[PDB]
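AMG 337 complexed to Hepatocyte growth factor receptor, as determined in this entry.
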Amino acid sequence: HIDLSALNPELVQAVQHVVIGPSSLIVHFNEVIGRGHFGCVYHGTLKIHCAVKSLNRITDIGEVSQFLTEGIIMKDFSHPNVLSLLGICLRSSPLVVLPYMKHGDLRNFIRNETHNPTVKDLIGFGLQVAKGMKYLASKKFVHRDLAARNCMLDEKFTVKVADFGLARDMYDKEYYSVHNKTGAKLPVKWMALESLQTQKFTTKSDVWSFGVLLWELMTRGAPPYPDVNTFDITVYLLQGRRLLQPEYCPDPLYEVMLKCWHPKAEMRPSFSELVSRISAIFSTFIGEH
Ligand SMILES: COCCOc1cnc2ccn([C@H](C)c3nnc4c(F)cc(-c5cnn(C)c5)cn34)c(=O)c2c1
């Protein structure tokens, strides 16, 4: 039930634009297209193709006014490299309605044997992520879980930063480790040093994660630091170590990665700078699909 008075009065008007009437959404529960810890994702027809995420694997949604507020904030985000929220549908837990992303998550796409992106293509995927993150950062939004598994591609191969707001989940449980003091399940191999120490996330720790994501692109989806175990990553990094330069990664792109992993968070490049530097490197290449 929607209690309009429980919302901030400023936001009441925006509710009509986020809520999807059940007569407008056919959900095909016969075919799972995504699996999160908090719930499964299904085909949906809104005629446009959509992805419908359940949150029923969680025992409770939380404060319904807060859930709507998150929806309202999220729907106002609009950028070609950020996954949009189409809306929220209520059933007698609510369903989150996202655009259909035909080619799935970026990591699986670059690992796929049937597709063959060139080096220029891979750098271009990187640039598209950088633009999405420049936009999210301009809205003061900290992602906290940027990684190739958490970006998706549509039918035109447009790359979108995903896995945030009401779509946030663990879609590959392998890469999340339980903190012993806090219990939080953390993507430690994508995390900045300071975040591993404090569990505080900033746009500058998203930039660190972005550097790792660039490394994933250039290795076509290799797992980072395979011979390091979970929270021993802090010890590993503090030995004076970083991920090695992939074979087909240009020297300037590796230099970009090293700047993203700067020990001083404030000395890491902004996402605007990353878009600028990467656009330059991208422009030096010929040949792409
Ligand atoms: C091969 O892909 C077939 C298309 O299936 C789709 C098509 N479109 C979508 C759209 C959204 N989602 C959920 C809500 C979602 N939202 N963000 C993400 C994300 F960042 C990653 C994933 C994901 C799914 N599987 N994996 C490995 C990662 C799923 N994500 C989906 O799971 C989803 C699944």
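Residue numbering for chain A follows the PDB entry, covering 1052-1097, 1104-1149, 1152-1348 in order. According to its header, this structure was worked out by X-ray crystallography, 1.9 Å. Counting convention: from 1, in listed order, for ligands and their atoms alike. Only this structure's heavy atoms are used, side chains among them; waters, hydrogens and symmetry mates stay out.
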Which residues of other chains have a non-hydrogen atom closer than 4.0 Å to AMG 337 (ligand 1)? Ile1084, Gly1085, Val1092, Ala1108, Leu1140, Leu1157, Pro1158, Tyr1159, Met1160, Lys1161, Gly1163, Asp1164, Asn1167, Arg1208, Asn1209, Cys1210, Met1211, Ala1221, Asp1222, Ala1226, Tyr1230
I need the atoms of AMG 337 (ligand 1) closer than 4.0 Å to a non-hydrogen atom of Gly1163, numbered in the order shown.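 Within the 4.0 Å cut-off of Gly1163, AMG 337 (ligand 1) contributes 2 (O).
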So which heavy atom in the protein is nearest atom 6 (C) of AMG 337 (ligand 1), and how far is it from that ligand atom?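 Heavy-atom neighbour on the protein nearest atom 6 (C) of AMG 337 (ligand 1): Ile1084 CD1, 3.7 Å.
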Distance under 4.0 Å to a non-hydrogen atom of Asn1167: what atoms of AMG 337 (ligand 1) satisfy this? 27 (C)
Heavy atoms only: which UniProt active-site residue of chain A is nearest to AMG 337 (ligand 1), and how far, rounded to 1 Å? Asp1204, 7 Å
Starting from atom 26 (N) of AMG 337 (ligand 1), locate the nearest protein heavy atom and write down its residue, its atom name and how far away it is, to 0.1 Å.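 For atom 26 (N) of AMG 337 (ligand 1), the nearest protein heavy atom is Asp1164 OD1, 3.5 Å.
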Report the source organism for chain A from the entry. Homo sapiens
Which UniProt domain of chain A dominates the contacts with AMG 337 (ligand 1)? Protein kinase
Tell me, which protein residue and heavy-atom name are nearest atom 21 (C) of AMG 337 (ligand 1), and how many Å apart are they?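 Answer for atom 21 (C) of AMG 337 (ligand 1): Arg1208 O, 3.2 Å.
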Quick sanity check - which UniProt ATP-binding residues of chain A lie within 4.0 Å of AMG 337 (ligand 1) on heavy atoms?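 The UniProt ATP-binding residues passing the heavy-atom test: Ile1084, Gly1085, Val1092.
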May I ask you to identify the nearest protein heavy atom to atom 13 (C) of AMG 337 (ligand 1), giving residue, atom name and distance to one decimal place in Å?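 Heavy-atom neighbour on the protein nearest atom 13 (C) of AMG 337 (ligand 1): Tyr1230 OH, 3.5 Å.
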Quick one: look up the protein heavy atom nearest atom 10 (C) of AMG 337 (ligand 1) and list residue, atom name and how far away it is.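 Closest protein heavy atom to atom 10 (C) of AMG 337 (ligand 1): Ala1108 CB, 3.3 Å.
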Just list the N/O pairs, AMG 337 (ligand 1) to protein, that are under 3.5 Å apart, with the distance for each.
unit_1, atom_1, unit_2, atom_2, d
AMG 337 (ligand 1), 8 (N), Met1160, N, 3.0
AMG 337 (ligand 1), 17 (N), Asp1222, N, 3.2

